[PDB]
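Co-structure: S-thalidomide and cereblon isoform 4.
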Amino acid sequence: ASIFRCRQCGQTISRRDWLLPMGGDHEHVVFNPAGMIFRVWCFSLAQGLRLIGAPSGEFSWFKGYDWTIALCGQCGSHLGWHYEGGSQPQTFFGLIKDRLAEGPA
Ligand SMILES: O=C1CC[C@H](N2C(=O)c3ccccc3C2=O)C(=O)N1
Ligand SMILES: [Zn+2]
C-alpha cells in the first residue's frame, strides 16, 4: 500500500509518501457548483497526469490557489486538480481519492 494508480487504467499517479497535510489534514471534502461532492487527498507531488489549460481562481477550495483540471494522462479520467499560485506550498495536487487504486510498488 504505497503507490497510487489510476483506477480506470493503471497509470502510475502518486505515492502514499507524498501525501500533504494542508490545513492539518491531507483529506478535504468539498463540493463544486454542480453539487458534486469530492473526497480530495492532497499530494505534494504526482506524475502521469495531463494538466489542462490555464489556471483559474474561480470557486477555488484552497485559499490563495488557482487550479487546472488534472486528467489521467493515459486514459483521460478526471483525477483531480493541480493547484498553483499560492504560498507554503506554491503548488500541490488535489486528487479524488476514489478515482485511484492503492497498491504495492
Ligand atoms: O477548487 C476547485 C476546483 C474546480 C472545481 N470546479 C468544478 O469541479 C466545476 C464543475 C463545473 C463548473 C465549475 C467547476 C469548478 O470550479 C471547484 O469548484 N473548485
Ligand atoms: Zn487512467
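What you see of chain A is 19-123, where the numbers are those given in the PDB entry. Indexing begins at 1, ligand by ligand and atom by atom, following the structure's order. Every heavy atom of this structure was used, including side-chain atoms; hydrogens, water molecules and symmetry mates were not.
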All copies of S-thalidomide: ligand 1
To check your reading of the model: name the closest protein heavy atom to atom 14 (C) of S-thalidomide, its residue, and the distance in Å. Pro51 CD, 3.8 Å
Quick one: look at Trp79 and S-thalidomide, take heavy-atom pairs under 4.0 Å, and tell me if it's side chain, backbone, both or neither. both
Which species is recorded as the source of chain A in this PDB entry? Magnetospirillum gryphiswaldense
Using protein heavy atoms only, decide if any is under 4.0 Å from atom 4 (C) of S-thalidomide. yes
Where S-thalidomide meets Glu76 - atom numbers and elements under 4.0 angstrom, heavy-atom basis: 16 (O)
Looking only at distances, please establish whether an N/O atom of S-thalidomide is found under 3.5 Å from an N/O atom of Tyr101. yes
Checking contacts here: is it the side chain or the backbone of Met54 that comes within 4.0 Å of S-thalidomide, counting heavy atoms only? Could be both or neither. neither
What protein heavy atom sits nearest atom 8 (O) of S-thalidomide, and how far away is it? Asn50 ND2, 3.0 Å
Is it the case that S-thalidomide has an N or O less than 3.5 angstrom from some N or O of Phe56? no
Close approach, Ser78 and S-thalidomide, non-hydrogen under 4.0 angstrom: yes
Between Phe77 and S-thalidomide, which part of the residue brings a heavy atom under 4.0 Å of the ligand: side chain, backbone, both or neither? both
Binding site of S-thalidomide: which residues fall under 4.0 Å, heavy atoms only? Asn50, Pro51, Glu76, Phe77, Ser78, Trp79, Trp85, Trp99, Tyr101
